[PDB]
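Below is one structure, written out as structure tokens, with a few remarks after it.
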Amino acid sequence: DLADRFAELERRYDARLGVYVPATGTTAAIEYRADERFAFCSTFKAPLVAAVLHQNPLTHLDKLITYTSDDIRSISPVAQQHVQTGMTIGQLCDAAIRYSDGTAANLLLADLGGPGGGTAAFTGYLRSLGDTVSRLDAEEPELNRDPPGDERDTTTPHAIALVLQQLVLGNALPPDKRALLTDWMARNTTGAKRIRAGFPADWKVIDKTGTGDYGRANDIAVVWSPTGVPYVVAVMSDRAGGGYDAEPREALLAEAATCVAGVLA
Ligand SMILES: *C(=O)[C@@H]([C@@H]1N=C(C(=O)O)[C@@H](S[C@@H]2CN[C@H](C(=O)Nc3cccc(C(=O)O)c3)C2)[C@@H]1C)[C@@H](C)O
């Protein structure tokens, strides 16, 4: 029983776990706590890059953005390296997805603009995709720090799965921008030990991870069977029982993804 397996994993990792896979032609929706709120953490960066792509001509990717010391306020593996020269919007989108760069996300929010340093416009973008659940309220690093149960900066496995489905599989973006987003996620470097670990090598996996305080570890992916049948997989978790400094546990997501892949194969 799948629900039983997911419950075994929650006890194993002292965690709360959320899973959603949207229904297809012959597969029923997979859902476990799928309508409970979980912190986005960095998973918001996938629809953020979509919002920025949507909002501008494609060649806005070639605009150079400059920033300095006081702009580096969170984990930023790429932005720290380029602070002296700047980064184009294209580089920022690339860093935000593939390295989960926090500074790149803040600069991309600022590019999108409007109230809340871009957070209101980001939330408005999800609303345009029919997501009436998710909300972004803060930028990096504060967006990962809301206490357990607090609705600020949250989504649900169900809501984010349907957003990602529209972005990658559906028509939310024109084909050229849709390919940009899909390729960045295909080239992600942070996800080898999460959804990717749960699916056999001959399944294609693209993803965007999230990690935060209270032992938060998320992964949202699109996967394709060896015959090109796609599925959207949203896995979210926290270990709030360990307090603010609880260790995020990727293995939980790998195991949950293995359970999902078992059902989809
Ligand atoms: C968003 O969830 C959060 C990001 N997202 C992360 C993720 O999805 O894994 C991590 S960043 C990822 C895991 N940690 C390493 C890291 O710290 N790399 C690194 C390497 C060299 C330099 C630097 C640096 O200068 O900062 C970092 C990569 C993270 C929790 C927030 C912050 O967006």
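For chain A, we keep the numbers from the PDB entry: what you see runs 43-307, in order. Scope of the values below: all heavy atoms of this structure, side chains included, with no hydrogens, waters or symmetry mates. Ligands are counted one by one from 1 in listed order, and the atoms in each one are counted from 1 as well. Per the header: X-ray crystallography, 2.0 Å.
The chain sharing the greatest contact count with ligand 1 is, according to the PDB entry, Beta-lactamase.
As PDB records put it, the drug at ligand 1 is ertapenem (bound form). Short contacts between ertapenem (bound form) and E182, defined as distances under 4.0 Å to a heavy atom of the residue, involve ligand atoms 31 (C), 32 (C), 33 (O).
Close N/O approach between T253 and ertapenem (bound form) is found [any backbone or side-chain N/O within under 3.5 Å]. The atoms of ertapenem (bound form) that sit less than 4.0 Å from any heavy atom of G252 are 2 (O), 8 (O). Note: an N/O pair closer than 3.5 Å links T251 and ertapenem (bound form) by distance alone. Under 4.0 Å from ertapenem (bound form), the heavy atoms of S118 that appear belong solely to its backbone.
The nearest heavy-atom contact from the protein to atom 11 (S) of ertapenem (bound form) is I117 CG2, 3.6 Å.
Protein heavy atoms all stay at least 4.0 Å away from atom 13 (C) of ertapenem (bound form). The PDB entry names the source organism for chain A as Mycobacterium tuberculosis. The nearest heavy-atom contact from the protein to atom 25 (O) of ertapenem (bound form) is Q122 CG, 3.5 Å. Atom 22 (C) of ertapenem (bound form) is flagged as protein-proximal [any protein heavy atom, distance under 4.0 Å]. If you check which protein heavy atom lies closest to atom 27 (C) of ertapenem (bound form), you get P119 CG, 3.6 Å. The shortest contact between atom 5 (N) of ertapenem (bound form) and any protein heavy atom is with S142 OG, 2.7 Å. Residue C83 has at least one heavy-atom neighbour below 4.0 Å for each of these atoms of ertapenem (bound form): 2 (O).
Protein heavy atom closest to atom 4 (C) of ertapenem (bound form), with residue, atom name and distance, is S84 OG, 3.3 Å. Taking a 4.0 Å cut-off on heavy atoms, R258 fails to register as neighbouring ertapenem (bound form).
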